[PDB]
Each structure stands twice: as C-alpha cells, then as structure tokens.
Amino acid sequence: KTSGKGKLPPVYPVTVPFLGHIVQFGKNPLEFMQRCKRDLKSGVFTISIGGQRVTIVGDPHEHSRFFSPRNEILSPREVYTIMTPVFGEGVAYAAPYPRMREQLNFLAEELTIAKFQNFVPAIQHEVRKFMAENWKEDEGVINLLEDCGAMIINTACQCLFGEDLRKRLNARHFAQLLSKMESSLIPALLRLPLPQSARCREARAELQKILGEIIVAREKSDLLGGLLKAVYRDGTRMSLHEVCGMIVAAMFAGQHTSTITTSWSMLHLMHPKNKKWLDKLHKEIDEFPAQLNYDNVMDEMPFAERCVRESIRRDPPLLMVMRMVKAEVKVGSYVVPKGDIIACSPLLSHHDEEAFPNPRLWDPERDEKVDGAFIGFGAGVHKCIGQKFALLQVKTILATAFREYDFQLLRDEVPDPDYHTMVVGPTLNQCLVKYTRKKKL
Ligand code: HEM
Ligand SMILES: OC(Cn1cncn1)(Cn1cncn1)c1ccc(F)cc1F
C-alpha cells in the first residue's frame, strides 16, 4: 500500500469544484502557479483539474525528484496518450518502455554531434534561399513568427532529408501534413472516451506511403536511411510504421520548439533595450566569413548560445511536463501518492526568485543560482535529444540573419507570451517586424 505515513503537499482551494482551475490556468498559468506557490508558502503544491489530482514540482531544488525516477515509478505514457494517433500505436510512449528507450536511442544516434558534418552549410544555404525570395525589398515588413517556422522546417529538411526524399516530399508540403496532424492537438472531453482524428490519420498515412515508395526506389546518410539500418536487441528491424513515427516525432518536436526559440531570440536582440547584447553578438559573427562551418558555430559562438538559452529560460516553449505516479515518491518534505499526476513546469521554475532573480529580465549573462534550475531541455532520464541540433540550427540562423540584415520591432515592447496550448511562443499578431538590408558597396 504505502504505508502509511505518507505526507501530502498543500492543496490550493478551488472556488468551483466541478470547474477545476482550467478557466484560470488557461488565461495565464504563470501568474496562477506563481500565486499558489506564494500563498501556500511552498514551492511544491498540488492543484486539481476537475475531479483530478495534479502535483506541481515548482521548487528548483527538487527537479531531481522528478526527472531522475525511471518510467516504472513515474510513467509518461498515460499523459501523452493523446499523441498516439500522431506518433502511432506502439511508438514512443505508446509502446512499452524497453522498446521506447530503443526507438529514441536510434533517433538520438542520428542527431549526434557526429552527424553535423554538412548540416551547417545546408542550413545557411536554405536560410539565404528563403531571405532572397520572401525578403526582396531593401526595406520591408514581415511576420517573424511565420517566417521562422518556414526557415526552421525548410532548414531541418535540408539536413535530415535526402535529395530524393525532398523532391518527392516537398519541404513546405511536409509542414502542410505536419499541421494537419496537429489539428487534433487543440484541446478541447477529458472525462469521456478518446475520439479518432480523420485529419491526423489521413495526413500520417499520406506521409507513410510516400516514405514507403522512397524505400522501394532506394532499393535499386539521412535520418531515414539511418533508421533503416536499425536493428533491435532481439534481432528485429523497425517497420515502415515505426520509422515514419520517429521521423514525424523528430520533425514535430523540432518545428514548434525551435521556431519559437528562434523568434524569441531575434526579438530580444532586436529590441533597442538590448542593444548592448546585439553589439557583443556582432563582435562574435563579424569576423566570420560568409560561409560558416561546423567549427564556427559549435566552438566559436558561445555568446550566441547564451542568448538562445536565456530566451528558452525566460519563455520556455514547453509549458509543463507531466507523468503518471505509479509509486510513492519523495519530494522535499512532502510526498505524492500513487494514481496522481506529477508535473514539472519550466515556466514556473525559471521564474523562481532565488534561481533567477528578476526572471522577466532577458539577461544572456545570467547563471543558474540554483544548480539544475534550468530545465528548458528537460533533465534526468528524459533529457531532450534534439538539443544539440536545435542549437546548431538556431545559432546558424541568427548568424546569417544578422550578418546581412538589421531588424526593428513595430511594437513598443517585446511581444507577450501567448498562452493557450502546452506549447507557448510569442503572440503571433505581435511578431510583425521591419527589416532593413545592411549597407554594401
Ligand atoms: C529548442 C528546441 C527544443 C526544446 C526547447 C526542447 C525541449 C524538451 C523538453 C522540455 C523535454 C522534456 C520532455 C519531458 O520531460 O517529458 C524534451 C525531451 C525530448 N525531446 Fe526536445 N526540445 C527541443 C528540440 C527537440 C528536437 C529537434 C527533437 C528531435 C529532433 C527533440 C526530441 C525530444 C525527445 C525524443 C524527448 C524525450 C526523450 C526522453 O524522454 O528522453 N527535441 N525536449
Ligand atoms: O514531450 C514532447 C512533446 N510533448 C510533451 N509535452 C508537450 N508535447 C516534447 N518535445 C520534445 N522536444 C520538443 N518537444 C515530446 C517528447 C518526445 C517526443 F518524441 C516528441 C515530443 F514532442
């Protein structure tokens, strides 16, 4: 059972039992969680979605307690059921953890620092190719958020998709399918049974078929190829279904998190308030040639990476990460019982006054004042596997972009975090920016 002296973290009083806190938690979770933490004199607290127990680890010191326990204790599968139609049955979380671990490990091996051999030139190539087309005028106005999403997807494909695949699967067209597979991840039913999404099913099968054809044609380097060579610890290869899933996951995971990190970063540096930091950025990328190489970005862009880190810290794209509690776990002084859902919020954590004084301030030179406080890319057993690539990708984009362009916000102050989904980026209708082409002669 327990048992039986299991303590329980303070519960926040709900005005409406049936409602839960959803009405508030949606409008602005930050203020809400920040309020609970303050009033309950405890960084670790439990709130209820309607008729449900949810314990939030909002104490930076306690991140270990959340990220270190293995799936057997804290299981993510139950929470992320929703994504199964997207990743597929028996893929990722949907599958048993012994297999899941393997699947991800294979994807990881494909995004390792080892594979970045030509990635940089590939990225830099696609970026310029986009700027030339969509930013013709010497001085014009565009939407940064929409444009970063395009650069990200195009860039990623140039890296992880082979010549044959790209021509067959148009880069933009892939985002078309990717977007349809999400038309079902806009919740919006939690108490009732799960319904299938026609949009998602079709778009995935449309992608799976295409991929299927390439494999046949390929049968008389890229992520897809890398995945084919894959063999399990029992002597089994990944099926088309499983391969398609991993790729979809890789692209889904990257698209939204990176396009937001890239947007936020450009937005800060862009603001006159952050002129100083823009100067030290140019100190860094001015002496670089027009053609960047792996070394330039990986080992010669330290400040640039700091900007990206701080942008992820201040406004983490991933609101919370959650897991189903199967067994008792110790958290600080308190404890969380079986059956509950334990969450951990980068957003709340990154705003702890002790760990990040003045958390709404964008300071690329700030440091964890509590070791481990930053969980932008997760931690422990579930560390992000696309981190290294995301950074290479984002840093390279920042360079090419600020190498031959100057940007100016049309708004007064940096955009507001647009909280709706678990994924949070800058407010779309505020990401309008005027670009002016740098002087040449
Ligand atoms: C800046 C961009 C990115 C951010 C901010 C980010 C953030 C995160 C976070 C917070 C987690 C923790 C998930 C959890 O605790 O449940 C995570 C895990 C993960 N990420 Fe990312 N990520 C990024 C890019 C990517 C990319 C590009 C990929 C694939 C290409 C990727 C693949 C994964 C996978 C497979 C996991 C879970 C694996 C595990 O549980 O060990 N991520 N990421
Ligand atoms: O957990 C994510 C996506 N999901 C989790 N919370 C909200 N959506 C994070 N993802 C990883 N990097 C960026 N996003 C994930 C975990 C594993 C995975 F394979 C894909 C995937 F999106």
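We number chain A the way the PDB entry does; in order, the residues shown are 24-211, 218-249, 259-479. Counting starts at 1 for both ligands and their atoms, following the listed order. Only this structure's heavy atoms are used, side chains among them; waters, hydrogens and symmetry mates stay out.
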### Task
List the drug name given for ligand 2.
fluconazole
### Query
Which chain is the chief contact partner of fluconazole (ligand 2) here, given by its name in UniProt?
Sterol 14-alpha demethylase
### Query
Which residues of the UniProt heme-binding set in chain A does fluconazole (ligand 2) share, counting a residue if one of its heavy atoms lies under 4.0 Å from it?
none
### Query
Using a non-hydrogen cut-off of 4.0 Å, what is the binding site of fluconazole (ligand 2)?
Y103, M106, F110, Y116, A287, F290, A291, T295, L356
